[PDB]
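Notes follow once the structure below has been shown.
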Amino acid sequence: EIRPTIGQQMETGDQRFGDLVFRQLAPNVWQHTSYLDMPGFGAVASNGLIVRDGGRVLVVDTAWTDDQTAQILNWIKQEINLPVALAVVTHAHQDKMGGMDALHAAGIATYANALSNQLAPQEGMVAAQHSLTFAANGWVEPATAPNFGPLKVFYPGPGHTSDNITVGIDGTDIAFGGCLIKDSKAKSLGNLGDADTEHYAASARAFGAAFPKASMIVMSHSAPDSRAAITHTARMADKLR
Ligand SMILES: CC1(C)S[C@H]([C@H](NC(=O)[C@H](N)c2ccccc2)C(=O)O)N[C@H]1C(=O)O
Ligand SMILES: [O-]
Ligand SMILES: [Zn+2]
Ligand SMILES: [Zn+2]
C-alpha cells in the first residue's frame, strides 16, 4: 500500500491499479492519483480527474510522469473503454503537466492556459497543443475551448501560480481547484515559491464564486472536501498580505 508523506492516504473505495489509485466520485467522474517518490522523503500524491461525457473521456491534469500518465490511459481502456477526446491541464508544474508527451503520443488533444504554455519550457514541461484564453471575469473564451462537454474552465487569478486554472463539471457536485485549493484542515498553502501572495486570497474566493453550487471540492493533494476547503484556503491566504 502506498502511504504518502504528502497527500491523502488510501481509504475504502480506492482502487489500486499499477502504481496509481482511482476513486469514483460520481457516476461519470473519477479521481486519478499518482505518486512521486522522493528518496529519503517518501511519496507525494497528486490528484486529477477523469470524466466520461457521453461516449468519450475527458482528462483533467496529467500524472507526475509520462509512464504514470500512460497508466491512466490503460486504466481508462480497461475500466471505461471509450476514446479519450481531450485533456485540460491546470498549470505548468510537474504534478499537473509532467505526462504531456504520453497524451500526445496517444493522439489526445491537449489544452492549457496560454500562460501555462508560455511558461511550460521554462518549467521543464511540454506545452499543450492548444491555448485557452480568458475574459477579464476569469471565464474561458468559448472559441478556445470547443467541444468541452460539461467542463467549465475558470481562471481565478494568480494564486498558487500566475497561470493556475480551475474546472467545474456541469451536472455534478464537483469543482476542481488543482493546487490552488488546500483542504479545510491544512496548515500550509504548500509551495509558495511561484505564488502571488498579494492576490492569492482573492483568487481562492473567485474560484468559490465561479462555482457557487459545487459541494465536492477536489484538489491536487487532499481527498475531496466540502466548501470549507475554499474558505480555509482563502483565510490562510489572507495572512500572506
Ligand atoms: C505538492 C507541492 C508542495 S509540490 C507541487 C509543485 N512542484 C513540483 O511539481 C516539483 N517539480 C517538485 C519537486 C520536488 C518534489 C516534488 C515536486 C509546485 O511547486 O507547485 N505542488 C505543490 C503544491 O501543490 O503545493
Ligand atoms: O503544482
Ligand atoms: Zn504548482
Ligand atoms: Zn501541487
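By convention here, the first residue in the shown sequence is residue 1. Whatever order the structure lists them in is the order used to number ligands and atoms, beginning at 1. Below, all heavy atoms of this structure are taken into account, side chains as well, without hydrogens, waters or symmetry copies.
This structure shows the drug at ligand 1 to be ampicillin (open form). Taking the chain with most contacts, the partner of ampicillin (open form) here is, per UniProt, Metallo-beta-lactamase type 2.
For ampicillin (open form), the heavy-atom contacts closer than 4.0 Å come from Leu36, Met38, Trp64, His93, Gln94, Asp95, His160, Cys179, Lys182, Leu189, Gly190, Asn191, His221. In summary, the atoms of ampicillin (open form) found under 4.0 Å from a heavy atom of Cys179, numbered by their order in the structure, are 24 (O). Checked against UniProt, the Zn(2+)-binding residues of chain A with a heavy atom under 4.0 Å from ampicillin (open form) turn out to be: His93, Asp95, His160, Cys179, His221.
Summary of contacts: the protein heavy atom closest to atom 19 (O) of ampicillin (open form) is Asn191 ND2, 3.1 Å.
In chain A, ampicillin (open form) lies within 4.0 Å of these UniProt substrate-binding residues, judged by heavy atoms: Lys182, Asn191. The source field of the entry for chain A reads Klebsiella pneumoniae.
Of the protein's heavy atoms, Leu36 CD2, 3.6 Å lies nearest to atom 16 (C) of ampicillin (open form). When distances from atom 9 (O) of ampicillin (open form) to the protein are checked, a heavy atom turns up under 4.0 Å.
Applying the 4.0 Å criterion to heavy atoms of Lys182 picks out, from ampicillin (open form), the atoms 23 (C), 24 (O), 25 (O). Distance check on atom 13 (C) of ampicillin (open form): every protein heavy atom falls at or beyond the 4.0 Å cut-off. Near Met38, the atoms of ampicillin (open form) lying under 4.0 angstrom from a non-hydrogen atom of the residue are 14 (C), 15 (C), 16 (C). For atom 6 (C) of ampicillin (open form), the closest non-hydrogen atom of the protein is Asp95 OD1, 3.7 Å.
Close contacts between ampicillin (open form) and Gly190 involve ligand atoms 25 (O) [criterion: under 4.0 Å to a heavy atom]. Listed by number with element, the atoms of ampicillin (open form) under 4.0 angstrom from any heavy atom of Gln94 are 9 (O), 11 (N). For ampicillin (open form), one of its N or O atoms has an N or O atom of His93 under 3.5 Å away. Checked against a 3.5 angstrom limit, the closest N/O atoms of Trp64 and ampicillin (open form) fall outside it. Closest to atom 2 (C) of ampicillin (open form) among all protein heavy atoms lies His221 NE2, 4.2 Å.
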